[PDB]
Amino acid sequence: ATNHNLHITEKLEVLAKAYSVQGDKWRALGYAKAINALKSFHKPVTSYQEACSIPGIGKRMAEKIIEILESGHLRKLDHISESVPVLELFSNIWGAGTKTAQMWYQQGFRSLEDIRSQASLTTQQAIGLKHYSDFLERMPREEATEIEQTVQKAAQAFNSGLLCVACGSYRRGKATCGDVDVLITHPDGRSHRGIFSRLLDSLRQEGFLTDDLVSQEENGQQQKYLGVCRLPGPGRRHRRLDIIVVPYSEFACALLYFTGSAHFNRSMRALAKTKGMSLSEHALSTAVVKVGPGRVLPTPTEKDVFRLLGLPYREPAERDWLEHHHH
DNA sequence: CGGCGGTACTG
DNA sequence: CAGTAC
DNA sequence: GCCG
Ligand SMILES: Nc1ccn([C@@H]2CS[C@H](COP(=O)(O)OP(=O)(O)OP(=O)(O)O)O2)c(=O)n1
Ligand SMILES: [Ca+2]
Ligand SMILES: [Ca+2]
Ligand SMILES: [Ca+2]
Ligand SMILES: [Ca+2]
Ligand SMILES: [Ca+2]
Ligand SMILES: [Ca+2]
Ligand SMILES: [Ca+2]
């Protein structure tokens, strides 16, 4: 775009973070939409009226946008609770969300050392905690490619016809990635089955996977792996890796889901529901509603899902937000 | 005013 | 079930 | 927070 309201969005984002770490998620959702709407606007907002006219912006947000626009900052930023930056710190641990972070706060911890030395930690959070720094860093797009190639090469050693694709921010074209998302399927509709057993064992053998966060290996029909990998060679960081294995008939919906963004996926699914459909990572489904399951519409490609939702195909680089348009 | 995406693990 | 995650 |  070119954010024409940069000075405004900066400040609303601080505020938004604050609700977000305090656990006030709907409020934080509201801020995020407004903020995207400001960023995409053709010009600096100049009037309260013009602010309210924007979908995503109502009275309370227009008051703020205006106050910032005239007076040059936002009072409310100097009343944010002091606990917020601790709650953010604790929430940046993988596996600890706002509840854990609040529990730790009421136990009086205020730093990661208070966490290590005294807090009770789930298995996941202990892993989250020891890799705190590495997991906060975004990786270059090129390290993501090598991670994906590792997973793919290990998969094709078992079956050369297996399809592997990196999704997430990578597929949306970004320069850096918070974590790598790999989608595996097989066009024969069948040989995706039992992959995780073999694939995980192989990736552990040569030391690439260093920890597992979610991986239900008791289940032969396991569909997801969330864990931690590390490319070989000196000084490499530990990275988050997510792998999903799906049947080929689910490929377009899984691809769409895994490409995201999160906000994009939410809006798509909200749209589907407005049309008596249901959109998931597994399928797009018609005639919903206790509720009734409705039937799967076949969707051999992502274009089919867009078409059935009455939208034009959206290129992966333009899937940051649904309500963001224009070539 | 109530709804705000739909689903998969963990414990 | 609540919590966290994708 | 905003929307229907
Ligand atoms: N709450 C969520 C989270 C993710 N998603 C979907 C499924 S996984 C895909 C990408 O999500 P990630 O959290 O890896 O974000 P991105 O890849 O966009 O960015 P970075 O990893 O931060 O580079 O989005 C979702 O539908 N709902
Ligand atoms: Ca509006
Ligand atoms: Ca966390
Ligand atoms: Ca590939
Ligand atoms: Ca991810
Ligand atoms: Ca990602
Ligand atoms: Ca396990
Ligand atoms: Ca309310």
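Just so it is clear: chains get the letters A, B, ... in the order the sequence lines come, proteins before strands, and each one is counted from 1. Values below: every heavy atom of this structure, side chains too, minus hydrogens, waters and symmetry copies. All ligand and atom numbering here is 1-based and tracks the order in the structure.
At ligand 1, the PDB records name the drug as lamivudine triphosphate.
The chain that lamivudine triphosphate (ligand 1) touches most here appears in the PDB entry under the name DNA polymerase lambda. With heavy atoms closer than 4.0 Å, the chains neighbouring lamivudine triphosphate (ligand 1) read A, B, C. According to UniProt's dCTP-binding annotation of chain A, the residues with a heavy atom under 4.0 Å from lamivudine triphosphate (ligand 1) are as follows: A/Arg138, A/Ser169, A/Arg172, A/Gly178, A/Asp179, A/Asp181, A/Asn265. Closer than 4.0 Å to atom 15 (O) of lamivudine triphosphate (ligand 1) lies none of the heavy atoms of the protein.
At least one heavy atom of A/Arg172 sits closer than 4.0 Å to an atom of lamivudine triphosphate (ligand 1). Source organism of chain A in the entry: Homo sapiens. Of the residues that UniProt lists as binding Mn(2+) in chain A, those with a heavy atom under 4.0 Å from lamivudine triphosphate (ligand 1) are the following: A/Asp179, A/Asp181. With a heavy-atom cut-off of 4.0 Å, A/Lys174 does not touch lamivudine triphosphate (ligand 1) at all.
Protein heavy atom in closest approach to atom 9 (C) of lamivudine triphosphate (ligand 1): A/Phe258 O, 3.3 Å.
Counting heavy atoms under 4.0 Å, the binding site of lamivudine triphosphate (ligand 1) comprises A/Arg138, A/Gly168, A/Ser169, A/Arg172, A/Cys177, A/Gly178, A/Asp179, A/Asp181, A/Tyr257, A/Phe258, A/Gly260, A/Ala262, A/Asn265, B/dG5, C/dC6.
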